[PDB]
Visitor: 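Here's a structure for you.
Since chain A takes its numbers from the PDB entry, the residues it shows come out as 5-352. Just the heavy atoms: all of them, side chains too, but no hydrogens, waters or symmetry mates, feed the values below. Order of listing sets the numbers, starting from 1, for every ligand and every atom in it.
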Amino acid sequence: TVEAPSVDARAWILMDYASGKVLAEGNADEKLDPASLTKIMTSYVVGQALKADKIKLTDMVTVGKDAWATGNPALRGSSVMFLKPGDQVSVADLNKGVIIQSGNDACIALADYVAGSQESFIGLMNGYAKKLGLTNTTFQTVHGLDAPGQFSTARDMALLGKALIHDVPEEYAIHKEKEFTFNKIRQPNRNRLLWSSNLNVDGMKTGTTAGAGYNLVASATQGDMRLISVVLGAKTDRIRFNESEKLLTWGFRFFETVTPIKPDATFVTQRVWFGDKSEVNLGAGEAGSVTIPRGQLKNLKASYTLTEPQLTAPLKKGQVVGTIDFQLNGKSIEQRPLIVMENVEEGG
Ligand SMILES: *C(=O)[C@@H](NC(=O)[C@H](N)c1ccccc1)[C@@H]1N[C@@H](C(=O)O)C(C)(C)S1
């Protein structure tokens, strides 16, 4: 119980990447229009298309009139690559335009290429939003132009950040790039913390919300540890960055993340009744990391209970059959599902 810092913003969250532990939070479930932070999910979707080899970096995309000054009034004086209809631009360039420059026209040109239309692309964004448990998130645009019925929260942004990092790492990697050059002009990354001396920050996106102020979703690493911070509705650009750096620095200073039960590791083996095998391996799967105050590892204790007195087949990989309890000094700090690590079908 280290005292959480004061944060000079509307809402915030600080989350450990490996354990999911929420180290600090304020109004983290309050709904706000995510505006430019939407492009985190745009990039998630494009990243999935690339990872699935449905599109390739080298593919040449034809820019449509929906991607233009003239032919889309909604792009009017937003951040833009200055694409024109009939332009041919690589997926790689449009991708960097979304990620590094946050260009709204690039989002549209990519969305059309990936999904056929903005509308079908927004469908994919919301599909993933549901899949990732972003329970307070709905996207209504491919570019995050403020829009009716478009909402997210600090919590959901940190979960989405975590997913981008974990699920499409090649796409995440582009978020630390300080510049890229298109049409022979350098376009800088607006994430000032990429230049921070005091932290290794490698992502991920800035924005504003009408009526709330300046936002940042950031992530940083220090040794084995990665933290994700979200700061929403800071009053100034300076505060937006500073309060983020404060939270990240605080997390690494006072906490450590350890993984007592590795993924794939067997925590305990239990007899099974009526199965094709007489025993089954149980473990934590991906949920075996915990974040604790520094110096506490020596006092960390892992134990288990089973929900039923005896396991009976069939058992499936991932099935929950009890709870793993982590205790610090006799006191329980974390519980996780005890899961089946291997299939055991019914005998016979
Ligand atoms: C995303 O949220 C963007 N914000 C806007 O497009 C706003 N409509 C806007 C705010 C202030 C001035 C002009 C437009 C991008 N995020 C901003 C930021 O992080 O400060 C931006 C100005 C770089 S554009």
Visitor: According to the PDB entry, what is the name of the macromolecule sharing the most 4.5 Å contacts with ligand 1?
Guide: D-alanyl-D-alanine carboxypeptidase dacC
Visitor: Just wondering what drug sits at ligand 1.
Guide: ampicillin (open form)
Visitor: I need the residues around ampicillin (open form) for my notes - heavy atoms within 4.0 Å, please.
Guide: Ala39, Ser40, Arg194, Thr210, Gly211, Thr212, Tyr218, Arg244
Visitor: Considering heavy atoms of the protein only, find what lies nearest to atom 2 (O) of ampicillin (open form) and give residue, atom and distance to 0.1 Å.
Guide: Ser40 OG, 2.3 Å
Visitor: For atom 24 (S) of ampicillin (open form), state whether the nearest protein heavy atom is under 4.0 Å away.
Guide: no
Visitor: Of the protein's non-hydrogen atoms, which lies at the shortest distance from atom 21 (C) of ampicillin (open form), and what is that distance?
Guide: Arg194 NE, 4.6 Å
Visitor: I'd love to know which UniProt active-site residue in chain A is nearest to ampicillin (open form) and how far away it is, heavy atoms only, to 1 Å.
Guide: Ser40, 1 Å
Visitor: How far is atom 10 (C) of ampicillin (open form) from the closest protein heavy atom, and which atom is that?
Guide: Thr212 OG1, 3.5 Å
Visitor: Flag atom 15 (C) of ampicillin (open form) as yes if some protein heavy-atom distance to it falls below 4.0 Å, otherwise no.
Guide: yes
Visitor: Considering all protein heavy atoms, does one lie under 4.0 Å from atom 8 (N) of ampicillin (open form)?
Guide: no
Visitor: What residue and atom, if any, carries a covalent bond to ampicillin (open form) in this entry?
Guide: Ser40 OG
Visitor: What atoms of ampicillin (open form) come within less than 4.0 Å of a heavy atom belonging to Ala39?
Guide: 2 (O)
Visitor: For chain A, which UniProt substrate-binding residues keep a heavy atom less than 4.0 Å from ampicillin (open form)?
Guide: none
Visitor: Give the residue, atom name and distance (to 0.1 Å) of the protein heavy atom nearest atom 20 (O) of ampicillin (open form).
Guide: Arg244 NH2, 3.2 Å
Visitor: Any idea what organism the entry names for chain A?
Guide: Escherichia coli
